[PDB]
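Position 1 is the first residue of the sequence; numbering continues from there. Numbering of ligands and ligand atoms starts at 1, following listing order.
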Amino acid sequence: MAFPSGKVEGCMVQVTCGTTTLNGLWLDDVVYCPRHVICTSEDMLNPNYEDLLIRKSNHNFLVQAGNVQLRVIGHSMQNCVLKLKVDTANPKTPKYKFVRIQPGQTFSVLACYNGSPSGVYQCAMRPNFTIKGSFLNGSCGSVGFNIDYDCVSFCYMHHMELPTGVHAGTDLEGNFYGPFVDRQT
Ligand SMILES: *[C@H](O)[C@H](C[C@@H]1CCNC1=O)NC(=O)[C@H](CC(C)C)NC(=O)OCc1ccccc1
C-alpha cells in the first residue's frame, strides 16, 4: 500500500533548461533535480558535466511551480543532482529528511510529468539496485519516499530506464543506487 502523497505533491516543480524538461523537488529555497537537465540530446551520449556546468547561468534555468515562475539565484552540482537556489522558500515544505535505503526496502513513488503529479504506487529496491517502476519520458526528477509519523523520508530520485525495462536513480545526495552512471549508454 502506497503512502498518501499530499505532503510531497506540494513540493514538485517543473525545471527546463533549453529544450530539456523534467521535474524538481522544491524544499525550503532549494530545487533538487537530475543534473542531466543541462544536457542537449547530443551531450547525453558522453556528457562532460563539469564543462556543461561552467557554461550555464542562473537565467538559463526556468523553474515553474504550477504557473508561477521562480527566480533562480544560484546553482551548484552535488554528485548527480543539481541544486538550484531560488528566491522564494516553499511555504508547503514538510518536515523531511534524506535517507539512503537498502535492497529489500519498499517506498512510495509520486510519478510526475511537467511538474504535475500523475499517480502514486509502491516499489521495492531489488538486490541489483534496480526498481520496477512505471516511468515514461518526462518522469525524471520524480521522487520516492516513506512517511514516518509526520516526517517525509525522501530516498529516491528518478534518472533513467535500463534496456530490460527496469529503472535506476539516485538518493537525494545524488549518489546512484548501484553501479550506474547518468549517460545514455
Ligand atoms: C528522464 O525523464 C528520462 C526517464 C526515462 C525515459 C524513458 N523512461 C525513463 O524512465 N531519462 C532519460 O532519458 C535518460 C537520460 C540520461 C542522460 C541518463 N536516459 C535513459 O533512460 O535512456 C534513454 C531511454 C529512453 C527510453 C527507454 C529506455 C531508455
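The molecule at ligand 1 is the drug named GC376 (bound form). Ranked by contacts, the top partner of GC376 (bound form, ligand 1) (the one with most) is named in the PDB entry as 3C-like proteinase nsp5. Using a 4.0 Å heavy-atom cut-off, the binding site of GC376 (bound form, ligand 1) is formed by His36, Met44, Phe135, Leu136, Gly138, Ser139, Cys140, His158, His159, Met160, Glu161, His167, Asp182, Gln184. Near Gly138, with a cut-off below 4.0 Å to any heavy atom, the atoms of GC376 (bound form, ligand 1) are 2 (O). Scanning the protein for heavy atoms near atom 10 (O) of GC376 (bound form, ligand 1), the closest one is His158 NE2, 2.7 Å.
Within the deposited model, the covalent partner of GC376 (bound form, ligand 1) is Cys140 SG. In the vicinity of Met160, heavy-atom distances shorter than 4.0 Å reach the GC376 (bound form, ligand 1) atoms 10 (O), 21 (O).
Counting atoms of GC376 (bound form, ligand 1) from 1 in the listed order, those under 4.0 Å from a heavy atom of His167 are 10 (O).
When only non-hydrogen protein atoms are considered, atom 14 (C) of GC376 (bound form, ligand 1) lies nearest to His159 O, 3.6 Å. For chain A and GC376 (bound form, ligand 1), the nearest UniProt active-site residue, with heavy-atom distance to 1 Å, is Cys140, 2 Å. With hydrogens left out, the protein atom closest to atom 2 (O) of GC376 (bound form, ligand 1) is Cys140 SG, 2.8 Å, a heavy atom. For atom 19 (N) of GC376 (bound form, ligand 1), the nearest protein heavy atom (residue, atom name, distance) is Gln184 OE1, 3.0 Å. Mapped onto UniProt domains, the residues of chain A touching GC376 (bound form, ligand 1) mostly lie in Peptidase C30.
The protein heavy-atom contact nearest to atom 27 (C) of GC376 (bound form, ligand 1) is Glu161 OE2, 3.6 Å.
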Show me the short polar-atom pairs for GC376 (bound form, ligand 1): any N or O of it lying under 3.5 Å from a protein N or O, with distances only.
residue                      : atom   : partner : partner atom : Å
GC376 (bound form, ligand 1) : 2 (O)  : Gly138  : N            : 3.3
GC376 (bound form, ligand 1) : 2 (O)  : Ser139  : N            : 3.4
GC376 (bound form, ligand 1) : 2 (O)  : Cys140  : N            : 3.0
GC376 (bound form, ligand 1) : 8 (N)  : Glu161  : OE1          : 3.2
GC376 (bound form, ligand 1) : 10 (O) : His158  : NE2          : 2.7
GC376 (bound form, ligand 1) : 11 (N) : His159  : O            : 3.1
GC376 (bound form, ligand 1) : 19 (N) : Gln184  : OE1          : 3.0
GC376 (bound form, ligand 1) : 21 (O) : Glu161  : N            : 2.8

